[PDB]
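Heading - atovaquone complexed with Cytochrome b
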Amino acid sequence: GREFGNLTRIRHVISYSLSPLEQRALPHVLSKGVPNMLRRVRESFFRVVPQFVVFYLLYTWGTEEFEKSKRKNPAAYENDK
Amino acid sequence: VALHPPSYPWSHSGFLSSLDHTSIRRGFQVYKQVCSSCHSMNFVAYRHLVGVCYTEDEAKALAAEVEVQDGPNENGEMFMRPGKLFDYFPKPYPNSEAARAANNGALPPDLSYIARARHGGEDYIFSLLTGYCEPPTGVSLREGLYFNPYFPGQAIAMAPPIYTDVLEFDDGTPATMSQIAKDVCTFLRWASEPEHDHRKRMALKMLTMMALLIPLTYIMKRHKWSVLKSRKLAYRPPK
Amino acid sequence: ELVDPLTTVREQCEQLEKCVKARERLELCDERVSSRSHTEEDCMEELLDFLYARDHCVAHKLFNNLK
Amino acid sequence: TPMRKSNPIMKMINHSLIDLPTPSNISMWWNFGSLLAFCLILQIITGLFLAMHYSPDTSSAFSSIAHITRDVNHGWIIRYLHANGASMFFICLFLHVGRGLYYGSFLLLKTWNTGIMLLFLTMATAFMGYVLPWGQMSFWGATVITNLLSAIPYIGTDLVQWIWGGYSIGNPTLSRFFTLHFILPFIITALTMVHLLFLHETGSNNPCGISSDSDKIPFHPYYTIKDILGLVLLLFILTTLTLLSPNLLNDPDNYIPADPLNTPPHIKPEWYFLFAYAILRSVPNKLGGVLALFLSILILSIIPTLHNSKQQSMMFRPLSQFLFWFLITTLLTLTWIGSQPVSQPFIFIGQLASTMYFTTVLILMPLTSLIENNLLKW
Amino acid sequence: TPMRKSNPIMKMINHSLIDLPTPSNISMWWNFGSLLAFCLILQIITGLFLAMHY
Amino acid sequence: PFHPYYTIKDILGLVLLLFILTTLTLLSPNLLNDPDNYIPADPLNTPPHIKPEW
Amino acid sequence: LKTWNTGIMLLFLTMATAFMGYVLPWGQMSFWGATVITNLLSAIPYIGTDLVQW
Amino acid sequence: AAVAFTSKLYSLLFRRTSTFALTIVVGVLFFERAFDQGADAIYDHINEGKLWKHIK
Amino acid sequence: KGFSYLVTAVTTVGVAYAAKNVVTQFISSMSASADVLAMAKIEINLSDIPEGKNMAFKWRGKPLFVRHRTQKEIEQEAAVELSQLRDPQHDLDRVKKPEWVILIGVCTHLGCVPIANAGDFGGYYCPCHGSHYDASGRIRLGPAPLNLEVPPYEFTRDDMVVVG
Amino acid sequence: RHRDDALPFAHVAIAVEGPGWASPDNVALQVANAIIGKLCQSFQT
Ligand SMILES: CCCCCCCCCCCCCCCCCC(=O)OC[C@H](COP(=O)([O-])OCC(O)COP(=O)([O-])OC[C@@H](COC(=O)CCCCCCCCCCCCCCCCC)OC(=O)CCCCCCCCCCCCCCCCC)OC(=O)CCCCCCCCCCCCCCCCC
Ligand SMILES: CCCCCCCC/C=C/CCCCCCCC(=O)OC[C@H](COP(=O)(O)OCCN)OC(=O)CCCCCCC/C=C/CCCCCCCC
Ligand SMILES: CCCCCCCC/C=C/CCCCCCCC(=O)OC[C@H](COP(=O)(O)OCCN)OC(=O)CCCCCCC/C=C/CCCCCCCC
Ligand SMILES: CCCCCCCC/C=C/CCCCCCCC(=O)OC[C@H](COP(=O)(O)OCCN)OC(=O)CCCCCCC/C=C/CCCCCCCC
Ligand SMILES: CCCCCCCC/C=C\CCCCCCCC(=O)OC[C@H](COP(=O)(O)OCCN)OC(=O)CCCCCCC/C=C/CCCCCCCC
Ligand code: HEC
Ligand code: HEM
Ligand code: HEM
Ligand code: HEM
Ligand code: HEM
Ligand SMILES: O=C1C(=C2CCC(c3ccc(Cl)cc3)CC2)C(O)=C(O)c2ccccc21
Ligand SMILES: O=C1C(=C2CCC(c3ccc(Cl)cc3)CC2)C(O)=C(O)c2ccccc21
Ligand SMILES: O=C1C(O)=C([C@H]2CC[C@H](c3ccc(Cl)cc3)CC2)C(=O)c2ccccc21
Ligand SMILES: O=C1C(O)=C([C@H]2CC[C@H](c3ccc(Cl)cc3)CC2)C(=O)c2ccccc21
Ligand code: FES
Ligand SMILES: [Zn+2]
């Protein structure tokens, strides 16, 4: 079936490659890779983060409320006698 | 609801810190002379003390102190004999109904995993042992209960089990309640998890190895993928 | 005769401000509950608050005196 | 020809993982299937060893595990490995599902359906292993899960009593749990092979959602070394969890043996289940609760049917992405609610989280897809 | 095509035991393989049941 | 082709095997049975006459 | 050849299985059968006894 | 020209696959012992006074 | 090329170390546990064993024979020619007192228990594959390669013996 | 690599580096060549 002899039909594309032993494995990290990671974080920040911030607010609120609910109310004894 | 135990600075809590075996040796005396009246420790035997705080001969000596049932003999009858290394610490009661009958309806639990079966571990137990006090105003206790804020409910059947000079340690340490509690707690830690020290020993090695193998294999990957990472294309139609 | 370090350490911690305010609240609640004729209130919550506050600083300073 | 292609067994291996054409551009999210397989293998091995020391009897189960962890040489670490491997297995499983939801790989219908089958099987297996120690939590977990069939209106109670083998949970039920837990993993293995057979007829989707037949590379050497790297990382994490912090995920209430007369005040299943538990807790009706419980997972089967977009992947669809991450947070919320007592704040929050989960899958995503289409003018 | 030949799982079944070419003249001695398989299946089923009581 | 010829032939073989198996199970169950395996194990004594399964 | 060799493998496997089922009742014959079959590896000259005990 | 270390290493050991394999077994033999000894030393040193080997 | 291959070498060395450790500890899971390895001694009262009687006792999981030999047995066991044996040994190499002999009742061929006072030689006969022993425990016919094993013992009374 | 799927047949060339005119080794290499030079239409060393 699917085999490297007849996958698709292409015309007029040229490629060039070096061998691994001719070139470096980690050529430019701090001059190219770091800024690229930075933009890659920039492009997705506001699509992911705010939902989790909202989750954090909800969690803390619900915890606080549950913990208030367990403390004794002075009006339950002071009001009528 | 129950009061949250504070964190005490236990010397074995570091990532690669071992247990203090002196404290184990003293805690075990506490568990002989006091705590093995009510409580069972069904999953520990004398052979387990060998190489931890005792030689084989001295552990046999401990064993020898106790009578144990055995048989049948050649006549078909049971008998009593002195203990051996392969015998389990003896039970205080024959059955749980008898245990309840001797403690006004309450059943003392088995302390073989008490430190792993409670929230807070040895912080809780210490807190429980040192923590008895007189009740607040408005509170009352039914027949045969004590007050203790670190118990869920604050009413507990167990009377305060330890006090100063309730025993004497063979190494001359002064037997204040606090010292006794800390030591028995160390001993319960050891009873719940014998593999502790060897586990940390073994972590150092194989973690060093697995940490080493990451950058090496990453380098191999980068080597194989450089062919594609630097590839250059062009489009040249006759136009 | 032996003096248990825990006694002294408690007595020392109980001098601190965060303990003192809770201790005062405890006294106030004792006074109410003792003064009434017939009530269902009890003074336990206040006691537990005070004990939480105090045992926090006992735990930072007890084990230095033990072996 | 080379021997690589001389013979059916060898040629199937070759078409599977030597000369298979893979996309050049797939990312780390595609490593989690191989890690799943690794985890299955690990579980089977460690299980076959444990099996030779465990006792499927209610009067010795607990103590057989005590024996394993105290007297068997390095038995403690074998126990630790089994228990932590299950957790890793589910971590990988969840991430594996989520990928496919994000990148639109559910359009491979056969692979997707066999995946749903596998999810169900793995969950059954994990639960039937969780009750074998016969601790205090294990017992009541068994009880609840076997009472679930009482909700079937006409025949339910009889089904419950026919699964128990008696008037109640007891010795005859534990051996059933153990036989089933023994046999299921191998059915899982066979179905995994079918799963991959179905996959290799089309090949892998990729992050861009467009056809990659102009830039296929062979599986060997590229993805061989890549997956080996992934495995090394998984082993580092697993070792640190096994040796440096074994008690992180552990539950104390299962170190107390079973007591048929007392349920403990605070109930909590294993973490990978909490969310279902929350869902089950949220409906004030028995039958409705169970129905929701099962629909929560069965709903994946109609996602392919509700797909309106012209594009396959969310890579180029921002509104879609926003909704995706909101759904993930709803699931986190259900997990958190599952841990808490059944008290009023958490009751109300859980009900909202459940309604929003189904709402989002069934309504909001389809409609956002239509809006998106209109914004691109088709 | 018929569905018999539309699909890998189905086409493997078909090549196995529907459209497989067999000799016309083989005798009773060739029945014992299928009986072996039957026996294996019987053993597995009865064993899974026994297992739950042993 | 395998179907229908050898399908029905093997079904016939299976019917025969089931007849034999039932007669062995219900009409004469003790034919191949060994009495010495109805005595539980005794690590101190090997019986005088030893015989494995046929 | 391939079918024949896989057949030999299957024969061996089936025999192992049958024998390991025969010792499960723990009767008087089962016990001594176990004993003999597990002492068989003592015949390996350098490592045998240790294999038996393992 | 420049007889350099890695080139000698390639030409003597790594060029032939059998010898590469032999090099690997020989290296692991010695790595194992050195690595064990170092680890045990560190471990023993972190918690002197608390192990029963010495208390004995 | 050298440098790139050195990296691979080093990686392989580490992987081999880890693999060895994992596999070996798994294998050591299946050896005897720390509750199976008890080794006690056993004391036998000899005044309950008539002359000509072979008694069997359970010891360390296996039979232990104690045999109280008669005079003609003591006589005729000494006559044996040691050249016609596959495991040559004299009777007085195998007993401490002539009228008592103590053996481990396990057949040296494949482990069955010999029946006493049976076979061609007045000693013991093993039904499983047909090996004969004499009243010294010496192998005389059949497939077994060695004589019956003698444990360490000593006499604490003229009517008490301890085997350990 | 220059890809054009409309051409009838694929052409391929693969070399390593040779020593040059001056070296002696050339002779031996030629012999090797003659030893090497079915699947395809046309082939040469
Ligand atoms: C209380 C318990 C009750 C139990 C009840 C059991 C009832 C069982 C009923 C079974 C009914 C089966 C019906 C099957 C129909 C299938 C039709 C078909 O297509 O068949 C094709 C098949 C043949 O296939 P094929 O394609 O020709 O290929 C075969 C060859 O390749 C062909 O090669 P060839 O052509 O060269 O061969 C020619 C010739 C080759 O001939 C020879 O080789 C020569 C033979 C010479 C023999 C001479 C006599 C004996 C020797 C004497 C020698 C002299 C001694 C001198 C001594 C001197 C001493 C001093 O071979 C034959 O012709 C053989 C035909 C006869 C087959 C018999 C089958 C017996 C089955 C027994 C089953 C037992 C188990 C039952 C369950 C028990 C449960 C407890 O069979 C037939 O054609 C015959 C069908 C009819 C068979 C009937 C069998 C009845 C058995 C009844 C037994 C009752 C007693 C049980 C006792 C139990 C004790 C524990
Ligand atoms: C006594 C102590 C132990 C001694 C152990 C010694 C062995 C050490 C390990 C050696 C590993 C094997 C290395 C050599 C493998 C050679 C394989 C070979 O020649 O076959 C290659 C060739 C490749 O096929 P094509 O692609 O068609 O080739 C066309 C080329 N244009 O053939 C094949 O297909 C592969 C055949 C593989 C055969 C492998 C044989 C393995 C033998 C192992 C013996 C182990 C003995 C252990 C004894 C232990 C003590 C009792
Ligand atoms: C032991 C306790 C375990 C608790 C549970 C653990 C599992 C759940 C973990 C939840 C958090 C996961 C965070 C993962 C990292 C997210 C990083 C991120 O936002 O990156 C966005 C970045 C954007 O890239 P692109 O759109 O492709 O374009 C870039 C190329 N130009 O990547 C992505 O969006 C890829 C998203 C892939 C899917 C991720 C799925 C994560 C959650 C899956 C499990 C959730 C539960 C199960 C869900 C399904 C239930 C039916
Ligand atoms: C409520 C009580 C229970 C009621 C049960 C009712 C059902 C009773 C049993 C009915 C069995 C099925 C009979 C009809 C099958 C029709 C199959 C069909 O149409 O497909 C044939 C056609 C053949 O393929 P080609 O060769 O390509 O055809 C080309 C022709 N030139 O299609 C196929 O490939 C086969 C498709 C099979 C579909 C089978 C559907 C089965 C549905 C079963 C429903 C059971 C419901 C049970 C409910 C129980 C109570 C909750
Ligand atoms: C157990 C916990 C271990 C934890 C440490 C990490 C484990 C994972 C480490 C990676 C394991 C990789 C296993 C799979 C093999 C990967 C091979 C690889 O990447 O190299 C490719 C390369 C293929 O060569 P090519 O250059 O592509 O073709 C040349 C044609 N002229 O692979 C080879 O070298 C193939 C030849 C065999 C190599 C050896 C295979 C492994 C077995 C060797 C040791 C044998 C004894 C094993 C005993 C095990 C215990 C009983
Ligand atoms: C008889 C006088 C006892 C002695 C001596 C000791 N304990 Fe005990 N213990 C006893 C009873 C009757 C109970 C039941 C309490 C109840 O409310 O049911 C207990 C309980 C414990 C517990 C359980 C704590 C929990 O939260 O469940 C622990 C951890 C415990 N006891 C520890 C302990 C120790 C260390 C002792 C020796 C210093 C000891 N106990 C002695 C009765 C008796
Ligand atoms: C034991 C459980 C499972 C195993 C072992 C397993 C294994 C695999 C493997 C090895 C792959 C190869 C590609 C990859 O790794 O991404 C894969 C792909 C895939 N899996 Fe599974 N899987 C399992 C469960 C699931 C589940 C639960 C689902 C969906 C609910 C699923 C759906 C898919 C899909 C759709 C693909 C192909 C998607 C693509 O290539 O883009 N699988 N699986
Ligand atoms: C997908 C594969 C598997 C999964 C997810 C799985 C999961 C689990 C889990 C979660 C437990 C309980 C862990 C604990 O109590 O700490 C368990 C226990 C057990 N499993 Fe597995 N298992 C798998 C495969 C197997 C297999 C193939 C066997 C074969 C016998 C097996 C045998 C056992 C045994 C004997 C136990 C009880 C021992 C114990 O609790 O430690 N398991 N399993
Ligand atoms: C569980 C054990 C086995 C099973 C389930 C099995 C199954 C089968 C089946 C269904 C066939 C189809 C043709 C026929 O029935 O004759 C077959 C053929 C065959 N079997 Fe097996 N078999 C088993 C063991 C063996 C053994 C032990 C051998 C040889 C020592 C063997 C060698 C063969 C050969 C050579 C054929 C083809 C011969 C021919 O077609 O002329 N098999 N087997
Ligand atoms: C080729 C497949 C099988 C063969 C040949 C086989 C054979 C046997 C035999 C000969 C016995 C002893 C019969 C007796 O003592 O009367 C036995 C017992 C047993 N087998 Fe099977 N068996 C097979 C498959 C299985 C499977 C898959 C299981 C799954 C659990 C199983 C479970 C058992 C059990 C529990 C026993 C003991 C019960 C008893 O002795 O009645 N067997 N087997
Ligand atoms: O990891 C695989 C993979 C497979 C590799 C081999 C694995 C494997 C697992 C266990 C064993 Cl014993 C052997 C191989 C199974 C997964 C497979 O079939 C794909 O199609 C695929 C596509 C893209 C990215 C990764 C993969
Ligand atoms: O019986 C078979 C056979 C096969 C039929 C289907 C059987 C079978 C067994 C179990 C199930 Cl669940 C399904 C099918 C297996 C044997 C098979 O493959 C052959 O090639 C063959 C050739 C000649 C004569 C008979 C046969
Ligand atoms: O009350 C419960 C409970 O409700 C469950 C539930 C959790 C969800 C499970 C579940 C069932 C089906 C699926 Cl597809 C997924 C999860 C079923 C058991 C438990 O697991 C449990 C464990 C221990 C004590 C009590 C309990
Ligand atoms: O003495 C034996 C004995 O020798 C075997 C033997 C029979 C042949 C077996 C065998 C081993 C290997 C193969 Cl490939 C085939 C059969 C091994 C056990 C028994 O089965 C046996 C059963 C019960 C009591 C005693 C005995
Ligand atoms: S076991 Fe005694 S002769 Fe074989
Ligand atoms: Zn270790």
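Here is the naming used below: chain letters follow the sequence lines, and residue numbers restart at 1 for every chain. The entry is not shown in full; contacts are counted within the portion that is. What you see below is based on every heavy atom in this structure, not just the backbone, and it leaves out hydrogens, waters and symmetry mates. In listed order, ligands and their atoms are each counted from 1.
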Help me out: which ligand numbers or chain letters belong to atovaquone?
ligands 11, 12, 13 and 14
Could you check which other chains have a non-hydrogen atom under 4.0 Å from atovaquone (ligand 13)?
D
Those atoms of atovaquone (ligand 13) less than 4.0 Å from some heavy atom in D/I297:
14 (Cl)
List every atom of atovaquone (ligand 13) that sits less than 4.0 Å from any heavy atom of D/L280, numbering the atoms from 1 in the order shown and giving each element.
4 (O)
Among all the protein's non-hydrogen atoms, which is closest to atom 18 (C) of atovaquone (ligand 13), and how far away is it?
D/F127 CE1, 3.8 Å
Give the atoms of atovaquone (ligand 13), by number and element, whose distance to some non-hydrogen atom of D/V144 is under 4.0 Å.
1 (O), 2 (C), 3 (C), 4 (O)
What residue and atom, counting heavy atoms only, is the protein's closest point to atom 19 (C) of atovaquone (ligand 13), and at what distance?
D/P269 CB, 3.8 Å
Which of the atoms in atovaquone (ligand 13), numbered in the order shown and given with their element, are less than 4.0 Å from a heavy-atom of D/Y277?
1 (O), 2 (C), 3 (C), 4 (O)
Please write down residue, atom name and distance for the protein heavy atom closest to atom 21 (C) of atovaquone (ligand 13).
D/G141 CA, 3.9 Å
I'm curious, what organism does the PDB give for chain D?
Chlorocebus sabaeus
Within the 4.0 Å heavy-atom shell around D/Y130, which atoms of atovaquone (ligand 13) are there?
22 (C), 23 (C)
Give the atoms of atovaquone (ligand 13), by number and element, whose distance to some non-hydrogen atom of D/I267 is under 4.0 Å.
24 (C), 25 (C), 26 (C)
What is the closest protein heavy atom to atom 11 (C) of atovaquone (ligand 13), and at what distance does it sit?
D/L293 CD2, 4.2 Å
With heavy-atom distances below 4.0 Å as the criterion, list the atoms of atovaquone (ligand 13) near D/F273.
16 (C)
Which atovaquone (ligand 13) atoms does D/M137 reach within 4.0 Å, using its non-hydrogen atoms?
23 (C)
